[PDB]
Q: 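Here it is: the structure, laid out below.
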Amino acid sequence: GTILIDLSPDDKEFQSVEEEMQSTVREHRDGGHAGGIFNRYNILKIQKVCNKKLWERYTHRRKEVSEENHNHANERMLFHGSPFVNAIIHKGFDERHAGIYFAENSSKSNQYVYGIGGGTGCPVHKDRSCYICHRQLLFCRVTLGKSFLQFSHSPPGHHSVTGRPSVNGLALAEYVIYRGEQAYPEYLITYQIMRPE
Ligand SMILES: CNCc1ccc(-c2[nH]c3cc(F)cc4c3c2CCNC4=O)cc1
Ligand SMILES: [Zn+2]
C-alpha cells in the first residue's frame, strides 16, 4: 500500500519540513545522554509517505473528532521517533504496542530513535551520540481534538492529552493520543546529528 516519494532539496515542501526539524532542536536536561550532543542535523533525505488506506482511516476519524469538538480537529504536525518506524509507515500507528507520544521538539523525538532513553545507541557502534550512522524520524499529521491539559483511552470526553512543560524553561509541548487512527505518518526524514564546532 505505502509508497515513499523522494523530495528534492529545491522543493519548498522539503525546505519547510527541514526548517521544522532544525528550528525545534533544543538542549536537553540529560546533556545529550539519550540522543547525543548536537545543535543541528545533516538532512540526508525527506520522503513523503503515501498510503490510501491509512489516509482514509486518518480522515474518517478526523471528521468524527471534528464533529465532537465544534468543527475543530485541532490538527498538528508533530515528530515521532521510534525503532519501529518501518512498521509504522506500512501498517500505520497502533495503540496496542499506553498511549502514542509525539513531540514539538525534533530533538525530543531524536531521543527515542534507538529506544527508550536512547537504548544502547546505534546498532553498529552502540553509541547514542553517533555522528556516523543514519537516523530516521517521522513528521506526522496528528488529530488532538479536545485535548486534556496536563501540567508537567484518553480522559473521559477528550481526544488526546497535552503535556504542557511547567518546570522546563525552553521545552516545547509533548502530546499523547490513544487511537492510532488519529495520526498519519506523513514524512520520513533521514538524517545524522551533526558534531558541533
Ligand atoms: C510507555 N512506556 C514508557 C514510555 C516510553 C517512551 C515515551 C515517549 N515519550 C515521548 C515524548 C515525546 F515528546 C516523543 C516521544 C515519546 C516517547 C516515545 C515515542 N516517541 C516519541 O518521539 C513515553 C513513555
Ligand atoms: Zn553508529
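Residue numbers count from 1 along this sequence. Whatever order the structure lists ligands and atoms in, that order sets their numbers, starting from 1. Method reported for this entry: X-ray crystallography, 2.2 Å. Just so you know, these numbers use all the heavy atoms, side chains as well, and skip hydrogens, waters and symmetry mates.
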Q: Which of these options (granisetron, rucaparib, fentanyl, mycophenolic acid, cilomilast) corresponds to the molecule at ligand 1?
A: rucaparib
Q: Tell me which chain touches rucaparib most, using the name in the PDB entry.
A: tankyrase-2
Q: Can you check which residues touch rucaparib if I set the heavy-atom cut-off to 4.0 Å?
A: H80, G81, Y101, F102, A103, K108, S109, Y112, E174
Q: Give the residue, atom name and distance (to 0.1 Å) of the protein heavy atom nearest atom 6 (C) of rucaparib.
A: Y112 CE2, 3.4 Å
Q: Nearest protein heavy-atom contact for atom 16 (C) of rucaparib: which residue, which atom, what distance?
A: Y101 CB, 3.3 Å
Q: Which UniProt domain of chain A holds most of the residues in contact with rucaparib?
A: PARP catalytic
Q: By number and element, which atoms of rucaparib are closer than 4.0 Å to a non-hydrogen atom of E174?
A: 11 (C), 13 (F)
Q: Closest non-hydrogen protein atom to atom 1 (C) of rucaparib, residue and atom name please, with distance?
A: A98 N, 4.2 Å
Q: With heavy-atom distances below 4.0 Å as the criterion, list the atoms of rucaparib near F102.
A: 12 (C), 13 (F), 14 (C)
Q: Give the atom numbers and elements of rucaparib that come within less than 4.0 Å of a heavy atom of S109.
A: 22 (O)
Q: Could you check atom 19 (C) of rucaparib against the protein and tell me its nearest heavy-atom contact, residue, atom and distance included?
A: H80 CE1, 3.6 Å
Q: Considering only heavy atoms of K108, which atoms of rucaparib have at least one such atom less than 4.0 Å away?
A: 12 (C), 13 (F)
Q: Using protein heavy atoms only, decide if any is under 4.0 Å from atom 4 (C) of rucaparib.
A: no
Q: Which organism does the PDB annotate as the origin of chain A?
A: Homo sapiens
Q: Distance to 0.1 Å, residue and atom name: give those for the protein heavy atom nearest to atom 2 (N) of rucaparib.
A: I116 CD1, 4.8 Å
Q: Taking distance alone, with N or O pairs closer than 3.5 Å, would you say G81 contacts rucaparib?
A: yes
Q: Can you tell me which residue and heavy atom of the protein come closest to atom 13 (F) of rucaparib, and the distance to 0.1 Å?
A: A103 CB, 3.0 Å
